[PDB]
Participant: 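Below you'll find the structure I mean.
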Amino acid sequence: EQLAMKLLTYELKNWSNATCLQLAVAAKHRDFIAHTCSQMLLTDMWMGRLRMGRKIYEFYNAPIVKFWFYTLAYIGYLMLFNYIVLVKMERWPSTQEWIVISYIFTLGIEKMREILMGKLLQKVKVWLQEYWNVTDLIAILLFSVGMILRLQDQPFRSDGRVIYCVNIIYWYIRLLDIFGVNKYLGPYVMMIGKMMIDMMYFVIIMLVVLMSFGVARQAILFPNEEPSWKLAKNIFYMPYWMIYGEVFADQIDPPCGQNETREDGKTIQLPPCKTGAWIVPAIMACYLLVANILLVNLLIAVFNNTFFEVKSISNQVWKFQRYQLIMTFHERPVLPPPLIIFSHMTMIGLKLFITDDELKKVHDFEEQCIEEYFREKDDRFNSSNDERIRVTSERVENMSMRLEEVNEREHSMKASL
Amino acid sequence: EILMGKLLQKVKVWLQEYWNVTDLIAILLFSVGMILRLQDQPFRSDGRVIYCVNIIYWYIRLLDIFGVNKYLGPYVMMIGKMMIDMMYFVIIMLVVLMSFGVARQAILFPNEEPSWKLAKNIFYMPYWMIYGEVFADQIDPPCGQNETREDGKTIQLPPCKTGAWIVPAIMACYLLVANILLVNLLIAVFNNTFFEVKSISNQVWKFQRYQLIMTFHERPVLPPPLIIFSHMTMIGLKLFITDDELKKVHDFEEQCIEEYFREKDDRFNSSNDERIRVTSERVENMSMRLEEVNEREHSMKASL
Ligand SMILES: CC(C)CCC[C@@H](C)[C@H]1CC[C@H]2[C@@H]3CC=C4C[C@@H](OC(=O)CCC(=O)O)CC[C@]4(C)[C@H]3CC[C@]12C
Ligand SMILES: CC(C)CCC[C@@H](C)[C@H]1CC[C@H]2[C@@H]3CC=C4C[C@@H](OC(=O)CCC(=O)O)CC[C@]4(C)[C@H]3CC[C@]12C
Ligand SMILES: CC(C)CCC[C@@H](C)[C@H]1CC[C@H]2[C@@H]3CC=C4C[C@@H](OC(=O)CCC(=O)O)CC[C@]4(C)[C@H]3CC[C@]12C
Ligand SMILES: CCC1(c2ccccc2)C(=O)NCNC1=O
């Protein structure tokens with residue numbers, strides 16, 4: 001095992017000092033990375049120096065501690081954001097909002113720094129591979145728009161506040177990326193992401209049925225109604241909530257034409273109903289029979305069938321992404337985003353080098369491993385039942401012919417004697 | 001039972017039983033409640049509330065009693081096992097619920113002092129939406145409009161607020177995720193895990209039967225209410241056998257071992273793989289012998 005670990009990572013002068021892990025990643029060979037040896041090596045790197053001035057340094061520059069510090073900074077920023085949104089804001093921002101804005105601005109600067117680390121188009125193409133980093137940029141742009149709008153006169157400030165309120169949701173949901181590190185959680189997130197296509201295919205049909213029912217209900221009643229714009233809302237509004245247990249029992253089949261004295265009041269004569277008002281309830285049944293009991297159970301069955309395959313694929317993919325996570329957090333500076341401005345002002349390993357004797361030793365070990373592999377492969381092949389049967393049949397055929405030749409020859413001898 | 005100088009080892013062994021820890025904790029809470037209940041009025045109701053909260057543990061403790069039944073015990077074990085997956089679901093549901101509640105609270109009530117009600121308001125309404133309550137009254141209130149109503153003078157409502165039409169839309173997406181996406185995933189997880197958990201639970205219960213039986217064999221006859229007399233008085237599994245019976249048992253064991261080895265060898269030698277291997281080897285040897293005779297037979301032709 002130790003020699004395997006050493007072989008997996010060592011500079012190759014012939015191949016541009018690229019270790020086996022880098023080549024496997026470039027080839028996207030998930031099986032190689034998912035192997036136990038590579039996973040153990042990645043875990044060893046994750047713990048950095050601890051693996052359980054110099055005393056401080058080993059703890060400080062380990063990737064795991066940097067990950068924890070970044071996570072804590074993010075959590076604090078999130079807490080401040082919540083406090084800001086809930087409480088009233090004056091004309092000028094408070095200290096908390098200044099801190100939040102500075103954090104966002106520095107994070108955007110750090111994203112630009114990652115972009116730049118004349119090939120810029122290739123760098124952008126590579127960067128687009130990370131889907132999270134696109135939504136992050138979009139959310140930052142929306143936040144900047146909200147900030148610009150919030151500092152104007154009264155008519156715009158509330159719009160800026162609403163922009164903040166809508167934007168907070170993305171940052172609240174971004175915690176899935178942080179959770180990704182956990183063994184159990186990451187695959188769960190991947191499966192959740194995968195199921196959304198089936199969810200959308202269900203949604204289309206549900207939307208069709210809901211539109212039909214809403215249009216029918218709206219048309220049956222309110223005969224003399226001007227177009228306006230409320231009709232489009234009314235179509236979608238009521239039926240959508242019926243999926244979740246609200247049936248509006250008050251206004252299913254109103255009494256309409258009847259005498260309703262009620263109590264503590266004079267008798268009131270209600271309108272004499274309308275033509276074809278008894279068809280709405282019946283329809284309201286069929287819709288509920290379809291949206292609730294038919295499609296949802298089908299979706300459940302689809303999930304059950306897809307679960308196993310999605311689980312396996314997600315596990316392998318997360319084991320593959322571990323390496324990118326580890327290297328990304330190894331490269332990053334120690335100070336969390338709020339204070340990385342100093343690191344950027346200052347701005348303004350994976351592989352271990354080995355001695356010649358060790359290189360020759362590793363080469364010898366590799367050749368020995370190859371020889372053992374081929375010998376074992378041949379031994380397994382020659383012990384297969386099919387090969388043994390084939391050899392037995394061929395040798396039996398040859399023996400039969402030789403036996404016949406001897407028998408015919410033995411016949412000649414009888415005459416000789 | 002703890003006492004039946006090794007006391008640390010006894011405690012370490014005792015901690016293995018998870019029920020016996022919660023039992024002690026509940027007893028301590030009950031003692032605290034009893035002490036509080038006998039003071040003046042301001043504390044007596046707090047003691048009563050302590051009793052009311054404590055009763056739940058004793059009501060749920062009946063699962064241990066049910067454990068003896070063949071069917072029930074495995075069910076309890078499976079229920080206990082599924083809670084990890086339940087927790088993993090709960091974390092994500094909590095994240096989504098917090099996001100929705102904070103958004104709803106922030107969109108409305110712009111001029112609101114911090115106080116402490118906000119933390120409640122965030123969690124309160126969204127949690128119940130999972131179970132069929134949508135608060136139809138206060139989804140999209142009419143706000144800015146004329147509402148004469150009846151048996152009353154005309155009342156002019158506030159002119160709504162900016163961005164109040166975004167809350168309903170959000171309220172849809174949340175419901176589309178919490179209710180139809182995560183729950184069905186949890187159902188699928190349960191379906192996949194059921195078989196393995198069932199088998200493991202059956203085996204584990206069959207293992208725990210012995211501990212149950214011995215524990216209740218050792219205990220005194222009188223139930224706990226009257227065990228004080230037994231303790232004041234305080235203040236089998238194996239049968240002994242004769243020598244001849246011991247020798248007989250040893251002979252039977254040796255015979256069983258001999259039969260086991262003989263049957264194992266008989267099964268091994270009748271395998272198809274071994275027969276094919278022997279056939280091939282003997283055929284090869286026969287072929288060589290046939291060739292040797294044939295070459296030798298050629299010599300004889302010259303001899304004749
Ligand atoms: C996972 C993260 C997002 C934590 C949850 C976010 C918010 C729900 C929490 C985080 C810190 C909390 C605050 C901590 C301190 C205070 C001040 C405190 O108000 C008072 O001091 C006045 C007391 C009174 O008059 O009653 C209570 C509310 C508030 C804003 C709390 C309300 C809810 C906050 C913003
Ligand atoms: C899919 C299956 C299982 C449905 C089971 C229940 C339905 C058959 C019930 C539920 C609600 C009922 C409706 C509730 C109210 C009315 C108004 C009622 O109108 C009248 O009879 C008076 C006017 C007239 O037609 O003369 C006609 C039946 C209808 C549609 C009822 C017919 C049967 C419905 C659709
Ligand atoms: C996930 C899919 C299947 C959702 C299906 C139904 C939704 C599209 C419906 C349900 C409730 C509807 C909302 C109910 C009320 C309103 C207020 C309405 O506000 C206005 O148009 C007046 C002010 C203005 O914007 O000019 C805008 C649409 C909205 C969010 C409706 C738009 C469509 C919604 C989200
Ligand atoms: C850009 C990624 C991240 C991050 C991601 C996972 C864990 C910790 C931090 C962030 O999104 N916000 C704070 N700084 C960061 O680099």
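Here is the naming used below: chain letters follow the sequence lines, and residue numbers restart at 1 for every chain. Determined via electron microscopy, 3.2 Å. Start at 1 and go down the list; that is how both ligands and their atoms are numbered. The structure has been trimmed to a portion of the entry, and contacts are counted only among what remains.
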Participant: Out of interest, what does the PDB call the drug at ligand 4?
Facilitator: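 The PDB calls it primidone.
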Participant: State which other chains have a heavy atom under 4.0 Å from an atom of primidone.
Facilitator: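 Within the heavy-atom cut-off of 4.0 Å: A.
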Participant: Quick one: what's in the binding site of primidone at 4.0 Å, using heavy-atom distances?
Facilitator: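 Heavy-atom neighbours of primidone: A:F67, A:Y70, A:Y74, A:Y103, A:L107, A:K111, A:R174, A:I178, A:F329, A:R332, A:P337.
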Participant: Which UniProt TM segments of chain A, numbered from the N terminus, carry a heavy atom closer than 4.0 Å to primidone?
Facilitator: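 Those would be UniProt segments 1, 2, 4, going by heavy atoms.
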